[PDB]
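Among the contents of this structure: GA101.
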Amino acid sequence: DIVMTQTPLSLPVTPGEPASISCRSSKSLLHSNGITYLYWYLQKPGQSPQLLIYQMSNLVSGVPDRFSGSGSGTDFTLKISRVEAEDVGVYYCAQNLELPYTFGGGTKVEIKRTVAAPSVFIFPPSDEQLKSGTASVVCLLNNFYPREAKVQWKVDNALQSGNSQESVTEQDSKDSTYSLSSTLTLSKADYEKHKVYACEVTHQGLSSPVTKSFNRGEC
Amino acid sequence: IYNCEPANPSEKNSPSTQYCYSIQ
Amino acid sequence: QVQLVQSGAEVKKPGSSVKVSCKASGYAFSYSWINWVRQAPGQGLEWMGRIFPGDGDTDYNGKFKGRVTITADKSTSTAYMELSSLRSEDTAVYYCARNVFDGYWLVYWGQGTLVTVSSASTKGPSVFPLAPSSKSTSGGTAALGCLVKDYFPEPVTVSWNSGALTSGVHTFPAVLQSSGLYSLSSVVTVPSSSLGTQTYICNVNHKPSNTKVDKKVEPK
Ligand SMILES: [Cl-]
């Protein structure tokens, strides 16, 4: 099969500035007829894929003229002359020269903005949940950038691995930040076995890791 | 001989291919 | 107006076979290839196969070892993709797309059908408060929320004060727990100074189980 490969995996773009993404094929997509059978699709957040560029360099009518495509038989570039906020999403290159049709792994385009430290909050388990026999403790990292962040749970100052799960929002369409939740889950019994519950947050916007903690039962 | 064959799989059964054959 | 309308999200048990529909309108159903492409998490787009409804001709991606069957019903202009012996890694959004001849290829796409492969049984969520405290304050605000725990399948919806409260809300993507059930939290940021006089309630709706829950979240 023809393998399609894209770079970079992720691209923070600045509205008003150019952006370029790259693709390559394992075999030339050049036909004797002079056409190159390379296509660019964009899947905007919450939308189905749409075709932007057909046959390497042809813009679908209606697609903004800031988009263009070029390349050789094996290496391709999608260029945005001047990025607009509405250009975010996952871009895929693809070939239809041969069956089976194949697609690149995608390049996820997001908005670059200034670094913003998370606001950190911690939430002990509710009495209601405890009565049900389980304890969920939640750590919230709110409205930060960039997305990369490290959250470590400490209980009685012991690092706990394996008993937490993270969830992260997609980039906010208005302020270009992310938020993240980390939830540590313990049995009600194991939970009562300890006292100090702490969330240690490391992020580029923080001069030093921040810790939010609470004492089990006492506030 | 003029080639009416589809250039690639996504033109199999295309109107252009059918028409091409029709006037050979 | 060309339209491709697919069937709704489907939960399937491992080993079963799913049938996804793609109803076409606004063009000649018989004379364009309908392609099926899936998008699994951590994967890009993957081609499954195609059908030319006029003569029923098909092509399949060999990778799916004969597990895919694509058909068409001319009486309703509907194309179908069936995938048998489902495994967890078949969990994906499945799209149909119409090939437009003369070089354009996949111009028209359906809205996609999420197929989730799981052995889990339908179960309504439990809703717990994420109480505001001296440990959930920043600036002049306080964060609070609701933990919507142990439900299946997706989705759940969460609103605040019956929709009145929309600013400062973050409803996180659900996480699949080791139990096979989902959980998510929804949080909102509000002025800390009025926590004693303002009431905050999350409205949780889980349609698959016909479960509705309203949970008041108060300081603690
Ligand atoms: Cl096709």
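The chains are labelled alphabetically, A first, in the order the sequence lines are listed. The residue numbers of chain A are those assigned by the PDB entry, with the residues present covering 1-219 sequentially. Residue numbering for chain B follows the PDB entry, covering 164-187 in order. We number chain C the same way the PDB entry does; the residues here are 1-220, in that order. Computed over heavy atoms, backbone and side chain alike; hydrogens, waters and symmetry mates excluded. Heads up, header says this was done by X-ray crystallography, 1.6 Å.
Within this structure, GA101 can be identified as chains A and C. Structurally, the main neighbour of GA101 (chains A and C) is the chain that the PDB entry identifies as B-lymphocyte antigen CD20. Only the side chain of C:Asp57 comes within contact range of chain B, with heavy atoms under 4.5 Å apart. Residue B:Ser179 does not touch chain C (GA101) at all, counting heavy-atom pairs closer than 4.5 Å. Among chains of GA101 (chains A and C), the most heavy-atom pairs closer than 4.5 Å to chain B come from chain C. Heavy atoms of B:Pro172 lying under 4.5 Å from chain C (GA101) belong to its backbone as well as its side chain. The PDB header gives the source organism of chain B as Homo sapiens. Chosen from C:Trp105, C:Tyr31, C:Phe52, the residue pairing most often with chain B at heavy-atom distances under 4.5 Å is C:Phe52. Taking 4.5 Å as the heavy-atom limit, the residues of chain B that form the epitope of GA101 (chains A and C) are B:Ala170, B:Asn171, B:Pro172, B:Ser173, B:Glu174, B:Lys175, B:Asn176, B:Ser177, B:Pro178. With heavy atoms under 4.5 Å from chain B, the residues of GA101 (chains A and C) are A:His31, A:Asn33, A:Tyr37, A:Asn96, A:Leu97, A:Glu98, A:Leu99, A:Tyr101, C:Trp33, C:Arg50, C:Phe52, C:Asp55, C:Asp57, C:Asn99, C:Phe101, C:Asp102, C:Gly103, C:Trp105. The deposit lists the name of chain C as GA101 Fab heavy chain.
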